[PDB]
Amino acid sequence: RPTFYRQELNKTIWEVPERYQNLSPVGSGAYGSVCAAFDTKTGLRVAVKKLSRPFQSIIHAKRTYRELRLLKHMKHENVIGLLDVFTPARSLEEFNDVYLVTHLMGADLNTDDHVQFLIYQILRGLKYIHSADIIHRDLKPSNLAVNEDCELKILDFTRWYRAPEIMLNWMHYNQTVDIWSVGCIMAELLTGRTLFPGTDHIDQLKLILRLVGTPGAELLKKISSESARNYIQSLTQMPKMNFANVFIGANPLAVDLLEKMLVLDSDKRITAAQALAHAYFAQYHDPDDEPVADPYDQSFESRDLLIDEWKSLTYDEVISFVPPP
Ligand SMILES: Cc1ccc(-n2nc(C(C)(C)C)cc2NC(=O)Nc2ccc(OCCN3CCOCC3)c3ccccc23)cc1
């Protein structure tokens, strides 16, 4: 048990071990608040997350446990991972706050070579997480860490990048909702503008159908919601657009990979595994270093336990954490 020192950053207090210095507020909000700091034990700059009120409700305590256990299983280059994780209390009774650490990467994702490297790393990071049965569901430029080397990591701190089959609100889509999010990002990189800046769910939907055109008899026969079907079918029939003319001036392999990422039928959208195998990442693909992730247990997701129960479980995770080599 190292020396823990206290300090009031923003409207918040911070009680972290001596080894972390130059605590510089970087961001706060709906999650906890992050501070950039320097790790004298390893010489590296880090990002430290102080989870808000870890266990103020059952949703807070469950969510807490869910972040810790994920990041504790996440070990990939193109995916945020756990350097350290600590707290100032000894014994479960005193356990009140949790802090997380990671490689300070600087800047958020917010040149055909640059969109080539950049996007390749997202799909590489996605295939991995997805291979563990995890779906980001919140993929957007602000959730993509990138250093000056253009090296990019995925994390999770709009509707604009959300998949169609979840604007209407589906109860069980697939992992490719993430692939749609990528296609939206790749389009922003190449053009500079937000593909679908819908002002509302319904608006956003109009926007999306304008480019991709409205559903076919095959897709339509795949929606249970009369409401959802009634909303879509109730929109003026629209011809899908000529992506070529939409993204004129871009490498036609990038245009072609897009056509495969922005398909309304999640059942016919390209997966990450498959995306990496596109000709657009020929200069970067290598099937021998696009790893998958060990098996991830999220059966806990299904249960409803007491806050103290969720709390103990997390206490446990903390103390059983082993730092990377
Ligand atoms: C409940 C919950 C469960 C899971 C998540 N979740 N899911 C993912 C995956 C899917 C991408 C693996 C990632 C996360 N969690 C995070 O992305 N958490 C974080 C966000 C931003 C951070 O630092 C921001 C500062 N930024 C980082 C890089 O350096 C520059 C600044 C963090 C710093 C230290 C520890 C966690 C951080 C989130 C919440």
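To match the PDB entry, the residue numbers of chain A are left as they are there, and the shown ones run 5-114, 123-169, 185-352. Both ligands and their constituent atoms are indexed starting at 1 by order of listing.
Structurally, the greatest contact with ligand 1 is made by what the PDB entry calls p38 MAP kinase. At ligand 1 one finds the drug BIRB 796. The UniProt domain of chain A holding most contacts with BIRB 796 is Protein kinase. The active-site residue of chain A per UniProt that lies nearest to BIRB 796, with minimum heavy-atom distance rounded to 1 Å, is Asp168, 3 Å. Lab note: per PDB, source of chain A = Homo sapiens. Residues contacting BIRB 796 within 4.0 Å (heavy-atom distance) are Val38, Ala51, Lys53, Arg67, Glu71, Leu74, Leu75, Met78, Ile84, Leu104, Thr106, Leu108, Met109, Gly110, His148, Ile166, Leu167, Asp168, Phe169.
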